[PDB]
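What follows is a single structure, written as structure tokens, with notes after it.
All residue numbers in this chain count up from 1 along the given sequence. Determined via X-ray crystallography, 2.0 Å. Indexing begins at 1, ligand by ligand and atom by atom, following the structure's order.
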Amino acid sequence: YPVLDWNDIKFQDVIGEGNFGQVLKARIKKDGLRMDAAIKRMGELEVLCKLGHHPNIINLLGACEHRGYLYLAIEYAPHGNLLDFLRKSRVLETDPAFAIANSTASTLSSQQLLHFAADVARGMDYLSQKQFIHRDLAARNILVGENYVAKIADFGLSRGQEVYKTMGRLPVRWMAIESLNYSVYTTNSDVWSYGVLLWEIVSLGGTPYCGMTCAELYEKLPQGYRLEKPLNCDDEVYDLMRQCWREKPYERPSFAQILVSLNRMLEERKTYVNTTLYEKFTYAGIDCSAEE
Ligand SMILES: CNC(=O)c1cc(Oc2ccc(NC(=O)Nc3cc(C(C)(C)C)nn3-c3ccc4ncccc4c3)c(F)c2)ccn1
């Protein structure tokens, strides 16, 4: 582990709280440089030390025991979590004069949205090769870092130790059928969750299955029910999502193959996510009561 001097840290605001600890924005000095960090004040240390160097996995900058407490200095992601970032892009909601004037539903382009999807895939490929299973992949656990690079994170909810207050049943909407029905978690179930995350990206942060209860998922998913294609989505992108949600876990693509499909889409001249406004346009719904 890299060890940080207590005196090398200037703390600022609290940016997250929980029964188990808090997260503070801070400035640290490391090696020679002064830098931003998010410091978790209270395992997690070992995991971040192994994987964090990957540019699509949130990194450990350093650790520090001071008095009773352990402090983990985590790479600061200035743009916050991807779900909120996606929703803030809904410029017809958040800046209608700009949205209408520019005939646009988002400040994010099709390519930027695909780059986020590719970033998460790249990170998941590496993580799955290192034999980790995420178990709670969703846009709320992705950070948008320096230079808009997406970083995979985990805020502790799955371990009963959340920082920042999620409705307990909310993760059901990202769970593979085999996780729902048999409590099985594998790389293949992480791929299913990934598909739901891709759907989040394309829908600019819609609540998956908005208007449906979790109970309805248990009944309908094994009947072949799946998230509908967003109106703004090319068939190719939706086909990729649908691959992620094949009933048979062993028929889902690997993260490496996901990344190859996305890069092939990124490389073409064609536009895959339509961000244009038109009459009767509507965003995928958000159900705040399913979430909070
Ligand atoms: C505006 N910007 C900000 O507010 C902002 C806030 C910000 O806060 C944090 C973000 C992430 C983490 N930590 C993690 O992501 N942990 C993690 C990752 C993984 C992976 C590598 C397996 C995915 N496993 N575990 C992980 C591993 C073990 C755990 N055991 C118990 C509990 C949780 C655990 C999590 C954190 F502590 C603080 C960072 C940057 N910007």
* milbemycin oxime, fluticasone furoate, rebastinib - which at ligand 1 -> rebastinib
* Asked: Name in UniProt of the chain with the most heavy-atom contacts to rebastinib?
  -> Angiopoietin-1 receptor
* Which atoms of rebastinib sit under 4.0 Å from any heavy atom of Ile58? -> 15 (O)
* **Pick from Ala37, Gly160, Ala77: the one approaching atom 2 (N) of rebastinib most closely through a non-hydrogen atom** => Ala77
* Report the part of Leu72 in contact with rebastinib, treating N, CA, C, O as backbone and CB onward as side chain, heavy atoms under 4.0 Å; options are side chain, backbone, both, neither. => neither
* To do: Check each of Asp154, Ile74, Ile39 against atom 18 (C) of rebastinib and report the one with the nearest heavy atom.
  => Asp154
* Asked: Does an N or O from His134, backbone or side chain, lie closer than 3.5 Å to an N or O of rebastinib?
  -> no
* **chain A: source organism in the PDB** => Homo sapiens
* Should you measure from each heavy atom of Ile15, which atoms of rebastinib turn up under 4.0 Å away? -> 4 (O)
* **Within reach of rebastinib, part of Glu44 (heavy-atom separation under 4.0 Å)** => both
* **Proximity of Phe155 to rebastinib by residue part, where a heavy atom lies under 4.0 Å** => side chain
* **Enumerated rebastinib atoms positioned under 4.0 Å from heavy atoms of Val23** => 8 (O)
* Using a 4.0 Å heavy-atom threshold (strictly under), name the region of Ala153 that reaches rebastinib: side chain, backbone, both or neither. => both
* Asked: For rebastinib, which UniProt domain of chain A supplies most of the contacting residues?
  -> Protein kinase
* Mark up the atoms of rebastinib that fall under 4.0 Å of a heavy atom belonging to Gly80, in ascending order. => 1 (C), 2 (N)
* Asked: In chain A, which UniProt active-site residue has a heavy atom closest to any heavy atom of rebastinib, and what is that minimum distance to 1 Å?
  -> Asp136, 8 Å
* To do: Enumerate the residues contacting rebastinib with a heavy-atom distance under 4.0 Å.
  => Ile15, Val23, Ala38, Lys40, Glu44, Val47, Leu48, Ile57, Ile58, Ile74, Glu75, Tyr76, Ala77, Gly80, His134, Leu143, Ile152, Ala153, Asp154, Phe155, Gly156, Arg159, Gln161
